[PDB]
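Overview of a structure with fasudil.
Alphabetical chain letters, starting from A, follow the order of the sequence lines given. By the PDB entry numbering, chain A shows 11-52, 55-350, in order. Following the PDB entry, chain B shows residues 11-28, kept in their order. As the structure lists them, so they are numbered: ligands from 1, and atoms in each ligand from 1. Just so you know, these numbers use all the heavy atoms, side chains as well, and skip hydrogens, waters and symmetry mates.
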Amino acid sequence: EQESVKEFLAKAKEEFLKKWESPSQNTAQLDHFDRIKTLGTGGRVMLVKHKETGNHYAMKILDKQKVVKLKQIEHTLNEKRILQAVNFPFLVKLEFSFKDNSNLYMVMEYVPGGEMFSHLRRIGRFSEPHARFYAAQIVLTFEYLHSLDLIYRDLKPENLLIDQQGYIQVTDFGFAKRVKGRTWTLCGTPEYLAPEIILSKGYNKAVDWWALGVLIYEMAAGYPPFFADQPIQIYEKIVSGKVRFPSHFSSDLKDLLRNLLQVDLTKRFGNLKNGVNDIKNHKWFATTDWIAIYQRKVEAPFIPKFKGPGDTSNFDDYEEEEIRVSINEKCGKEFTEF
Amino acid sequence: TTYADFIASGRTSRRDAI
Ligand SMILES: O=S(=O)(c1cccc2cnccc12)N1CCCNCC1
């Protein structure tokens, strides 16, 4: 069974590196699609309909001039390069990408069930089996990403989508970095930052296992382990080495969380000799059939409402703006590789 | 309560990256 994982990951690395070294480019164009509705804004993500087939997709649109202004060139190129190269059940699939005079476009599978964030705030909190179901998918996803030397760095309910079968899709790779060892960028979201990032140390993929602990805590509690009015105050609590648990947390859950929310990155679960297996073998996961999760054969605890293709009810409403395409090419040299 | 403190934080909406 251990040899099956080893062989599986080696094959997956060979497939990733092939696509990483020769990325796909320019596989559709804007007028192949009708715009339907804005699903999210920051650029924008829109529900679109492919005219020829009638298939719906989520199209991320990035304004090249805005990307340059916000100093996001490398992050944007990197996100698209990662997405066209990875392949895993809980990672959103990139169907097409192209660019024009004004914008960059990534057309992804439409994931109709909405952000985990919305469901968690609506319901309040998840029961431990509901939380465990999602957590198992993140564990496997990070095992895959880390085997490719990818550090993810932006785990949070806002960045997890729920598909039609109730399984998770991870979408956003703008802060992911492919490095074998340590790195130094201050990046992420305050509530989810590992202490060694806050402390301006070099850090490694162990930061993702810290963030998994924050996520499990927030799913099971309804609020994250470290919060405050201002980020600086959140940082002080994170590095303090103190955390408090709701009284309804089970003993097994608290012990897992003490080992993921471990300030000493040399004692943190996922970063020890046995790597991810310390997490998979932990008592809280004793009922988890890891292969069945990967194979998507486990009955999901929650299935979002879905009327049919194009239903956007699990997403909020945003002001609709034109998709404008300038007569002049903008920022061509910067985005040659896209 | 801790939940009350969470609501009063003003960080219950979608959180941006730094
Ligand atoms: O939901 S999104 O608009 C979205 C993004 C990418 C693919 C998607 C696929 N289906 C629906 C929504 C999608 N979103 C944007 C950034 C905020 N984090 C969550 C992803």
Worksheet item: Counting heavy-atom pairs under 4.5 Å, which macromolecule has the most such pairs with fasudil, as named in UniProt?
Response: cAMP-dependent protein kinase catalytic subunit alpha
Worksheet item: Which other chain letters have a heavy atom less than 4.0 Å from fasudil?
Response: A
Item to complete: Give the source organism of chain A as listed in the PDB entry.
Response: Cricetulus griseus
Worksheet entry | Sub-3.5 Å N/O-N/O distance, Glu170(A) and fasudil | yes
Worksheet item: Which UniProt domain of chain A lines most of the contact region for fasudil?
Response: Protein kinase
Practice prompt. Give the numbers and elements of all fasudil atoms closer than 4.0 Å to a heavy atom of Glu121(A).
Written response: 9 (C), 10 (N)
Worksheet entry | Proximity to fasudil by part of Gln181(A), non-hydrogen separation under 4.0 Å | neither
Discussion item. Checking the N or O distance criterion of under 3.5 Å, is fasudil in contact with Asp184(A)?
Written reply: yes
Discussion item. Under 4.0 Å, heavy-atom basis, I'd like to know which part of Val123(A) is in contact with fasudil: side chain, backbone, both or neither.
Written reply: both
Worksheet item: Which bit of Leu173(A) gets closer than 4.0 Å to fasudil, counting heavy atoms only: side chain, backbone, both or neither?
Response: side chain
Discussion item. Taking 4.0 angstrom as the limit and counting only heavy atoms of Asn171(A), give me the atoms of fasudil inside it, by number and element.
Written reply: 18 (N)
Practice prompt. List every atom of fasudil that sits less than 4.0 Å from any heavy atom of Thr183(A), numbering the atoms from 1 in the order shown and giving each element.
Written response: 6 (C), 7 (C), 19 (C), 20 (C)
